[PDB]
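Entry overview - Bifunctional AAC/APH with kanamycin in place.
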Amino acid sequence: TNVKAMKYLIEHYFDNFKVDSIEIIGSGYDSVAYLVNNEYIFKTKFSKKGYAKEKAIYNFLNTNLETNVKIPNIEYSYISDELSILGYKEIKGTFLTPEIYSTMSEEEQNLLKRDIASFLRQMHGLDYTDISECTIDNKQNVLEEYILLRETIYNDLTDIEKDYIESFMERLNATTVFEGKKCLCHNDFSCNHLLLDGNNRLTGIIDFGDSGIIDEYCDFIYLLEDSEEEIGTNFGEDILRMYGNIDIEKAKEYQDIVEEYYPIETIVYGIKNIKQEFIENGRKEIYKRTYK
Ligand SMILES: NC[C@H]1O[C@H](O[C@H]2[C@H](O)[C@@H](O[C@H]3O[C@H](CO)[C@@H](O)[C@H](N)[C@H]3O)[C@H](N)C[C@@H]2N)[C@H](O)[C@@H](O)[C@@H]1O
Ligand SMILES: Nc1nc2c(ncn2[C@@H]2O[C@H](COP(=O)(O)OP(=O)(O)NP(=O)(O)O)[C@@H](O)[C@H]2O)c(=O)[nH]1
Ligand SMILES: [Cl-]
Ligand SMILES: [Mg+2]
Ligand SMILES: [Mg+2]
């Protein structure tokens, strides 16, 4: 019953809000999300690594997007250094999964793909001046993360681990995939964030918590992912073709680079948050990838 505490905080911070019911519907490792009154999502976090940007982004998009695809619309927010809460009406629907996709008719699949493409085209096309502050430079961030590695645990890594990192840094230095179009991206655009209605059409998109002005290629990273969690490379390829005017080969390169980085990102997260578990997981993942 983290629930009782959160109920207290909600009713305390939002003057006239009454919690008749509240259950946990999702949990990150940093955050917890709650379904309140079978109607409202409350996303909450205990510590500037908070929800101010995410709020600015919903507000920018609800103002500027013209689409029937629903996104969170923030009605309640409390933002402080130690605690952030965002409340919005739950988008209703079913989350896309590989299993579900595989039961869809070819036409249903095509329409879903089209809807996705169309959403991304609209969002990426937005004049982002009003949120110009929300920029993200992935290359620079990785360079800074590498420095942090060097200043902390690098020297205690194994040769195999070092070689995996250095081989990645060499690739990062040689790639051209950061030199293209920048635009506003969702930046965590995977199928556990996509909602379907009863006709298997795209009805909503959630979790713009990593969104920012970044490489156009970023929003295809999970659509191109080949894994148990995602639909598959062909799904992303097809979506890229529908989206148009984008170098597919570079999109795939970008995805492949971000996937190579994942275990390192996992390690860095563990260092930054003082969680050994993640440091260990990421190093182990390097070995699993090395021996594939
Ligand atoms: N779990 C196993 C899988 O993990 C990654 O893919 C998943 C990402 O981790 C998720 O994103 C999360 O992690 C990111 C940093 O990695 C964060 O930025 C983001 N805020 C988080 O929601 C994303 N939404 C779905 C995607 N399938 C690897 O690519 C994949 O090979 C591996 O099989
Ligand atoms: N049906 C539905 N579920 C939602 C909605 N918003 C959030 N959820 C559920 O709550 C979970 C957590 O939401 P999400 O924004 O992805 O937060 P997070 O990834 O756990 N936290 P963070 O983005 O800070 O890392 C989602 O995976 C989903 O299960 C919504 O509007 N509709
Ligand atoms: Cl370790
Ligand atoms: Mg999420
Ligand atoms: Mg998120």
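Here the PDB entry sets the residue numbers for chain A, with the shown residues being 184-230, 234-478 in order. Atoms within each ligand, like the ligands themselves, are counted from 1 in listed order.
Location of kanamycin, all copies: ligand 1.
Per-residue contacts place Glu416 under 4.0 angstrom from the following atoms of kanamycin (ligand 1) (heavy atoms of the residue considered): 25 (C), 26 (C), 27 (N). Given atom 23 (C) of kanamycin (ligand 1), the protein heavy atom at minimum distance is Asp374 OD1, 3.4 Å. Listed by number with element, the atoms of kanamycin (ligand 1) under 4.0 Å from a non-hydrogen atom of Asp396 are 17 (C), 18 (O), 19 (C), 20 (N).
Annotation: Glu451 places an N or O atom under 3.5 Å from an N or O atom of kanamycin (ligand 1); distance criterion only. At a heavy-atom distance under 4.0 Å, only side-chain atoms of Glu411, from C-beta outward, approach kanamycin (ligand 1). Here's the thing with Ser376: one of its N/O atoms is less than 3.5 angstrom from an N/O atom of kanamycin (ligand 1).
Atom 31 (O) of kanamycin (ligand 1) has as its closest protein heavy atom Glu445 OE2, 2.5 Å. When heavy-atom distances are rounded to 1 Å, the UniProt active-site residue of chain A nearest kanamycin (ligand 1) turns out to be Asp374, 3 Å. The shortest N or O to N or O distance between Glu415 and kanamycin (ligand 1) is below 3.5 Å. Comparing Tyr448, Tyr455, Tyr408 against atom 14 (C) of kanamycin (ligand 1), the shortest heavy-atom distance belongs to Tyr408. Looking only at heavy atoms of the protein, atom 33 (O) of kanamycin (ligand 1) is closest to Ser413 CB, 4.0 Å. Counting heavy atoms within 4.0 Å, the binding site of kanamycin (ligand 1) comprises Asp374, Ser376, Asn378, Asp396, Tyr408, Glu411, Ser413, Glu415, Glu416, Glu445, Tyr448, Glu451.
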